[PDB]
**Student:** 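I'm sharing a structure that contains vismodegib.
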Amino acid sequence: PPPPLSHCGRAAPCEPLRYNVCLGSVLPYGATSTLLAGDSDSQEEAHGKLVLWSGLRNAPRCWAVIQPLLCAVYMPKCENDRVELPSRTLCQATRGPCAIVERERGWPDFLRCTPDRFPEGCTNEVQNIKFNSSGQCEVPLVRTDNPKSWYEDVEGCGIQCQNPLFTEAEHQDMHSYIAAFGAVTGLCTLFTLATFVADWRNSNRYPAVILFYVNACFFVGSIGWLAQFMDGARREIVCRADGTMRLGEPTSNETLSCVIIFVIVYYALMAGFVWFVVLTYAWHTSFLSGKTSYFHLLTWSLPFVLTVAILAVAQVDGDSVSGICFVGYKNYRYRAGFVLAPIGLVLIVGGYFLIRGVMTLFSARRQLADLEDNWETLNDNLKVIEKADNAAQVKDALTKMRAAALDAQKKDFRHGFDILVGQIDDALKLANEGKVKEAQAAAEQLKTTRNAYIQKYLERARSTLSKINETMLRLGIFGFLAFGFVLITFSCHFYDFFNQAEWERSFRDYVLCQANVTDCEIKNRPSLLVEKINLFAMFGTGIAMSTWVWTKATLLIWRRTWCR
Ligand SMILES: CS(=O)(=O)c1ccc(C(=O)Nc2ccc(Cl)c(-c3ccccn3)c2)c(Cl)c1
Ligand SMILES: *[C@@H]1O[C@H](CO)[C@@H](O)[C@H](O)[C@H]1NC(C)=O
């Protein structure tokens, strides 16, 4: 029994302990003092302050070091009218893990590690006392030892893998939607690819070959989206090794599984849009075999660059609702710059080719509509000269035929119309002179020039309009239909980015309030039905482009291979 040092003590009247327990541990000493605790001026009041301090049970790292400190200040050892001052080593041990205390409320003057009221080289009785109460994390926080997993300053607790803003039943509902849409797309797109490889001889040709790689992109995308449906795959792709949600991937000492599924989904998504722009450019140029090298470069290099960029900045995060890893689930700025930015460009570039595509379709359609209008004006006015008996009537119909000839005129075509124009002038002089018989005979000469040379150009014009009937219009229908779905996808990704500033605030507010309790309400969360609309647009194009081989010719392709 050695006598303790003068500086490690403080002269105080020692009153007996009311409670024989401090924060779930027995006390050996009998007397205490309420002067070390500034706020407390009674033992009952000290226990009333200790029960508020015990609210730090959550966050084990702080709770493990604050328990011997709180008992050394509020319920300390008092013997021979002197209270034991707590050692600075016991005090400094809290400064680090209990950094949350300084931030949330701030350390009081009596609980600050100053050389006075906290001296060095002092042996405490609380140091001998062992506390077994620790390791408590309030859900949605899960107990983890990984420092790169601890949510905010709550050292010891990390954010759980399952999204706390959505229920277990709601997850099941979204996963049922992804399974159904994924399987239908997966089977439809594979069928198209199987039909294309079966007739590869004829199939590897523009513009049909474009749709083959389009489907290939939607097939790979389906594999990545359906990957979560393997036993325990969703809680391997989206969940970290400790059980926390995956963030900032590629991260150190963690399975590549997350960035694998991200690369498969995002790359096949982006390459699908570059192949869409190729399809729209093909519909523009239809009105290309030597450009195959240029097509395959941009469709596989540009998405590669964007994917490598995301992996370099490490912005791959995982959502339990989607069941896949993606760019910018946490930091939406990186999502907009890598999802809305390229999808924004494909609507500008791809759309421009669809606009100039219909522009040329209706321009060439108008050319024959105007030339057939002038053909009838010539035919009807010739019947007027035939019907006419007056020299003024013949003169009137020839002047109408002359204006219609010049209107239809605007080298092989120019030479032919000059003969007709010249013949009208030769006929016009006869009408001016008063001759009706000679002018009517001259009009019949225009019929022979029309019936053998001008007729051939009209026949060639009507034939080109019949060329547009099937494939020329089919590619356009698929191009506009795909554009529609891309416009839906853009709107859904934009809606998310728009409200992600408030959804971050509401997610943070719900997790931090549930961290401590002896009700918490979700302010606002992202709309799942809008996410279902996005998946309807994504998988919708997958099935919509799969209908290219939905022709009568493909039925005979499968019948021929059946015999083989
Ligand atoms: C509240 S938060 O943590 O900011 C958060 C949480 C979840 C999301 C979110 O929308 N997740 C999600 C949930 C479900 C789906 Cl299907 C998707 C999706 C849709 C289309 C393409 C790829 N993934 C995405 C977002 Cl943007 C933000
Ligand atoms: C629990 O943590 C919140 C901050 O997330 C804080 O406002 C609250 O005071 C803490 N509870 C206790 C009892 O200290």
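Along the sequence shown, the residues carry numbers beginning at 1. Read the numbers this way: they start at 1 and go in the same order the structure lists the ligands and their atoms. As a basis for the values below, the full set of heavy atoms in this structure was taken, side chains included, without hydrogen atoms, waters or symmetry mates.
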**Student:** Mind telling me which chains or ligands belong to vismodegib?
**Tutor:** ligand 1
**Student:** Per UniProt, what is the name of the chain that shares the largest number of close contacts with vismodegib (ligand 1)?
**Tutor:** Protein smoothened
**Student:** Which other-chain residues have at least one non-hydrogen atom less than 4.0 Å from vismodegib (ligand 1)?
**Tutor:** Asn163, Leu165, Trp225, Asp319, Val321, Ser322, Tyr329, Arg335, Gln500, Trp503, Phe507, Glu531, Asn534, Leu535, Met538
**Student:** Please list the transmembrane segments of chain A, N terminus first per UniProt, with a heavy atom under 4.0 Å from vismodegib (ligand 1).
**Tutor:** 2, 7
**Student:** I'm curious how vismodegib (ligand 1) sits relative to the natural ligand site. Which residues UniProt lists as binding cholesterol in chain A have a heavy atom closer than 4.0 Å to it?
**Tutor:** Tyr329
